[PDB]
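Sulfapyridine:3C-like proteinase nsp5 complex.
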Protein chains: 2
Amino acid sequence: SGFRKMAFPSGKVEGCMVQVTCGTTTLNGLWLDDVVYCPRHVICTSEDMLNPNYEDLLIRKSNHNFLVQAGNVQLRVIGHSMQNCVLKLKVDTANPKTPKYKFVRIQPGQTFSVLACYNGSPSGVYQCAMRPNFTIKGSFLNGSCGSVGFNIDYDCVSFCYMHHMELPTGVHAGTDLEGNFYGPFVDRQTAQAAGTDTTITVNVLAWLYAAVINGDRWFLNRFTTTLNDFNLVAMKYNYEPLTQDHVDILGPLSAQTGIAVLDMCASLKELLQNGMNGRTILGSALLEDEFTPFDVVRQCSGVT
Amino acid sequence: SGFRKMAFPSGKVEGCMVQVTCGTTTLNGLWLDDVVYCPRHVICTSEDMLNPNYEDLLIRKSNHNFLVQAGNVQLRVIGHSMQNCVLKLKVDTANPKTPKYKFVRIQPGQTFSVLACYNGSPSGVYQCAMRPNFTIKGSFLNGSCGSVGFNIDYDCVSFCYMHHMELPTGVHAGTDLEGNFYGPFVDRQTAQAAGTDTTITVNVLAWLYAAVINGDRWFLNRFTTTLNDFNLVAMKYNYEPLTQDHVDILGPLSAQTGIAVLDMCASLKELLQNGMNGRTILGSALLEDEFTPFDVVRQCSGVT
Ligand SMILES: Nc1ccc(S(=O)(=O)Nc2ccccn2)cc1
Ligand SMILES: Nc1ccc(S(=O)(=O)Nc2ccccn2)cc1
């Protein structure tokens, strides 16, 4: 019993973190096989970041200008290429600690673990969600760029995020491991405003199921609703519209608890209209939306 | 910028987890040098747990009755001893992945990371606090016993917790790595009620400083207070009394922000008396108490 915001064990990713320095800029890289992946803005001065031409800046860089350090050992750079917003540095040594891995581009509302790093050294691990506006709400100081987000399926690490930017509003933007930004963001120090940070409805419903499984039941009510009726309420409260795909995904949690998905929607509708009245659910005074239905099943079933 | 509930990177502890089986009971053990540490209730049937005589049960066990598996390799048990509520199994092989480590007994209000494990396999990592009633609020299913709590100082793991029990109220109890329970709890399936779960005042104050550093400032007010006046309010709201030792510990955060500790106490006093009025601080609708002053400094300074 109990339900916690839980990250994946980080060891498999710790084994992949290195320091990348280009001139006076240091950040983190990800070493998988004989390639190190890092943000292309490693090549920028803070002055360059205001208006960078990355192809033109990169022409002034050679393999020997990229200093890659794995613990206290230097790696030899034998090639470099830019793919979208990431640099790929080819090194002469395969990472001996390379785990089984994939690169995946996640959808908004999907959760992942971040291993925050500075100078190639892990400092902490926490759980994030890709927000519906394609920002994340992380914890990143200067030097954290190139820290990665990931999920683990048994022994296979799926890398989904690399940290690139902090927006003027103090939320975070980055890329998949192909170097494509999530959302409309660019690796330039310019005005970039975020869209509406809507609540991830299917994740709130998952977390209410987690609450029932763990004995927090006060919010269960005598009502039901329809997807259309629920969605009028979601729209009013800046919640993502609920689709039949989301209802299907919540099927296992419905079956386990015996609470029909549309009944839990009616409980959520009442919570939106009435508030928490100073009560808590799983130690929260607000409706938590950074657990996916898969997260709730995993944590409630003890998957390793 | 941003502030997250952050766990320590778990790799150094993942390298220490093993499976311990005695008869039909399987749980987790911690392998450090040539010793495996696990809960002594590994020797109990569920029937035994109602009223166990551990010395008498242990007489019926030999070294060969303790099956220790490290990944898919069996370790040879060459001795066993009971120390308080933990078994120490001496094996013939030192763990090659043994990190620098210490055993520490933490004080209530101190935070630590838990690596939740099943069958010796890590499933997740999250951040806990030793509550003032000597419970923790974890996420532990059947098979999680012997999962450990720890802090890391650079390269040295300080182990502070091993999981033993779930109370009938669904909160958690365990031991330090000398096998001494935190609080009054025992490794028996009997009525054990928890005392008041008071709020860890010094940690709330730390988190309000974290909020100011990260730009959440709406709760700062025009008032100050005294320790005695603040403490009358703390008592009313089931908060731990604030001591001059706590004021001293918050000194660096006071200095960084320029907000005198007693001024932040007066902001906290108003929040207790007035509530949040539907507002949030660092994405929370309640006052968070599972960050220590050291946690806030570490996360805000990027210590690796
Ligand atoms: N929000 C935002 C998005 C893209 C860019 S740009 O660096 O592509 N530069 C551009 C884009 C359009 C017009 C002029 N410069 C800058 C800001
Ligand atoms: N809450 C609590 C604490 C200790 C015990 S005991 O297993 O030590 N057994 C005892 C203790 C006192 C009287 C009888 N049995 C049981 C319950």
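Each chain is given a letter, A onward, matching its sequence line's place in the list. Residue numbering in chain A adheres to the PDB entry, whereby the residues present occupy positions 1-304 in order. By the numbers in the PDB entry, the shown part of chain B spans 1-304. Structure determined by X-ray crystallography, 1.4 Å. Whatever order the structure lists them in is the order used to number ligands and atoms, beginning at 1. As a basis for the values below, the full set of heavy atoms in this structure was taken, side chains included, without hydrogen atoms, waters or symmetry mates.
Other chains having non-hydrogen atoms less than 4.0 Å from sulfapyridine (ligand 2): B.
Scanning the protein heavy atoms around atom 6 (S) of sulfapyridine (ligand 2), the nearest turns out to be B:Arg188 NH1, 4.1 Å.
For atom 8 (O) of sulfapyridine (ligand 2), the protein comes within 4.0 Å by no heavy atom at all. Here the protein heavy atom with the shortest distance to atom 5 (C) of sulfapyridine (ligand 2) is B:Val186 CG2, 3.9 Å.
Counting only non-hydrogen atoms and rounding to 1 Å, the UniProt active-site residue of chain B nearest sulfapyridine (ligand 2) is B:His41, 12 Å.
Within the 4.0 angstrom cut-off, atom 14 (C) of sulfapyridine (ligand 2) has no protein heavy-atom neighbours. Residue counts put most contacts of chain B with sulfapyridine (ligand 2) in the UniProt domain Peptidase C30. Against a heavy-atom cut-off of under 4.0 Å, B:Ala191 is close to the following atoms of sulfapyridine (ligand 2): 1 (N).
No part of B:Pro184 comes within 4.0 Å of sulfapyridine (ligand 2), judged by heavy-atom distances.
It turns out that no other ligands or ions are under 4.0 Å from sulfapyridine (ligand 2). Within sulfapyridine (ligand 2), the atoms closer than 4.0 Å to a non-hydrogen atom of B:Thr190 are 16 (C), 17 (C), numbered from 1 in the order shown. Per-atom contact check: atom 11 (C) of sulfapyridine (ligand 2) does not touch the protein, criterion being a heavy-atom distance below 4.0 Å. At under 3.5 Å, not a single nitrogen or oxygen of B:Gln192, backbone or side chain, sits near a nitrogen or oxygen of sulfapyridine (ligand 2). Around sulfapyridine (ligand 2), within 4.0 Å by heavy-atom distance, are found B:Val186, B:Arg188, B:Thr190, B:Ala191, B:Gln192.
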